[PDB]
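Iclepertin:Isoform GlyT-1B of Sodium- and chloride-dependent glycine transporter 1 complex.
Heads up: numbering here begins at 1 and tracks the sequence. All ligand and atom numbering here is 1-based and tracks the order in the structure.
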Amino acid sequence: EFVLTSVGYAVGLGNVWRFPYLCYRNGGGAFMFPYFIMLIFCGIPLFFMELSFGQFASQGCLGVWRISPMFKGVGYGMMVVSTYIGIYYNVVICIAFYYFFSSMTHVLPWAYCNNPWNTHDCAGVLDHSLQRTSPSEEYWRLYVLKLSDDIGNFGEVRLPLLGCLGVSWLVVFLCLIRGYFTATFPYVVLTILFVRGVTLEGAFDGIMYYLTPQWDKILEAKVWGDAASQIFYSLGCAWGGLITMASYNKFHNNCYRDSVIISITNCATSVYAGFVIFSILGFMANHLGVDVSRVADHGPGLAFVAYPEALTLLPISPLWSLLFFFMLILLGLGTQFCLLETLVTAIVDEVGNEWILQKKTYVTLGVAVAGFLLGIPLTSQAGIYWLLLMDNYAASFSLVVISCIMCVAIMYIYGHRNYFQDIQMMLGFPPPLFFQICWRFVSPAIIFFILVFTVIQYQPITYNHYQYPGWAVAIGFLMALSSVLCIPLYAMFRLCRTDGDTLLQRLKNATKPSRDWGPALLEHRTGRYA
Ligand SMILES: C[C@@H](Oc1ccc(S(C)(=O)=O)cc1C(=O)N1C[C@@H]2C[C@]2(c2cc(C(F)(F)F)on2)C1)C(F)(F)F
Ligand SMILES: CC(C)CCC[C@@H](C)[C@H]1CC[C@H]2[C@@H]3CC=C4C[C@@H](O)CC[C@]4(C)[C@H]3CC[C@]12C
Ligand SMILES: CC(C)CCC[C@@H](C)[C@H]1CC[C@H]2[C@@H]3CC=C4C[C@@H](O)CC[C@]4(C)[C@H]3CC[C@]12C
Ligand SMILES: CC(C)CCC[C@@H](C)[C@H]1CC[C@H]2[C@@H]3CC=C4C[C@@H](O)CC[C@]4(C)[C@H]3CC[C@]12C
Ligand SMILES: [Cl-]
Ligand code: NA
Ligand code: NA
């Protein structure tokens, strides 16, 4: 609450790197209305539910499911999703390392078109064919990446990217064993890049495209599904680490205010970063003689094309570039540290024995080595196709499905009356009537309708937006299904060893709360728990 809401909880790579390119891909102004609609009704209530559920019983992601032991497969589905994110999230950081190390010059290498790697259609604003190209993304596409023409063309492994990835993983690991620039500063740099960028010629045309709604695309379930993914990704829902660090709070803590403040601050930061990004696109379209809708590419590297071009127009550009990329590195490292600490704690707690928890260093070393080896294919000539595949399939809508299943399990299996009496124990008042309504009828129905209309409107041979081959779509579907299949598969395991009779009483004996469910203190087990 105005202390940690700005040093973190709102600022990260999910606000300055993912939201701009998702918004640009999905239309720009046609993405804003579903974004706000699904923020108000479909993820402010769920953030509060997750925080209260974590804080009530002081348990992590696994072990909080004593409310209904049969549904423990929801906890394992968040570790599978977090494992996918933890692999490719540290490849975005190693790209920031590459730009940070390449800014230690007297002229920025992406400022002119006289470099040996530039084509004949380069066009800059400092110092023929069709569709003239800015110098900023030729550096990203022909020098940094050396992109190939297909996902099946592996090519050669890029040595500088591999070195930066190794450095990033070593830095992350060295802090797990032993252990300004947060709040204010991430906003000062953004304000500097925003004041310089609304004065340019053509910036207004990129702002109107960013805000003007398009009413012909509100009947598509794809846009609504993509808007739901970003809300849950940035807020941290269904990651698993939100419950773990909510369990350290005091019993009589006001998590309602914290949830509201954090949600609003995160939304404001995302929108402000979008304002910063979309002003540059208008200027690029103006001086390149193209339209704003087609000036750039709908890939995950929009932030590495627009941001370095803005820094080139500022006085003493290298000094600003160094600070910007150092800030990006720190922002990524904080989230990576949080995620890996949560994952290691969850792993050690489940396996816990006498040998384990005394060798926690070796588990941390094994996790870091395993995660470094899986990122090697993402540093080759076809590494951006794999990064886009794991960002659109592995963790896009599985988070929404898992959160919806958790909400349905808490309200309709445990009971809404019991949970409403539980919240009143922590706070002094019952939950607001708006939150009670947007917990039993609104959010589940909205998510259900989006999911149902996604598969009915499917099979157009068009929702495959990047023209991936046949096997890539199958691999993506396997990645997306490996996290939501942990929910029915664990239930089958639990139901095959629960003492009982034919499957009418075994269902009832497995969904009952455990004997040790409730507040985790003797002085707070008052009422229905004494
Ligand atoms: C829950 C995940 O956290 C984040 C998820 C996304 C972003 S993003 C897309 O905006 O870059 C930032 C954080 C993040 O770093 N957070 C730090 C701290 C866990 C988080 C948090 C903790 C709480 C609290 F209020 F419960 F304390 O509120 N937010 C969010 C995880 F912990 F697993 F990493
Ligand atoms: C041990 C876990 C935690 C992380 C692993 C860190 C190791 C594997 C890292 C640390 C620094 C890294 C090296 C740093 C620099 C280079 C130079 C580059 O031209 C080839 C890759 C290479 C040689 C990296 C390969 C892997 C490396 C040795
Ligand atoms: C088994 C029950 C409990 C859950 C339902 C699983 C199915 C129906 C859901 C869960 C996650 C969903 C997928 C998540 C992400 C994407 C990426 C998008 O580009 C195409 C649709 C696709 C592939 C979704 C289609 C349907 C999906 C596979
Ligand atoms: C596959 C993913 C999306 C999970 C699907 C579960 C959700 C979306 C479904 C399955 C069971 C359904 C609920 C079953 C019972 C009720 C009670 C009724 O008074 C209001 C509707 C409501 C609340 C339904 C709404 C949608 C629902 C919650
Ligand atoms: Cl966001
Ligand atoms: Na957050
Ligand atoms: Na952060």
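In this structure, the ligands or chains belonging to iclepertin are ligand 1.
Residues in other chains coming within 4.0 Å of iclepertin by heavy atoms are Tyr9, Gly12, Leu13, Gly14, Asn15, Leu51, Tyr89, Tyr233, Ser234, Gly236, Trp239, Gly241, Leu242, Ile262, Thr335, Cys338.
A heavy atom lies under 4.0 Å from iclepertin in the transmembrane segments of chain A that UniProt numbers, from the N terminus, as 1, 3, 6.
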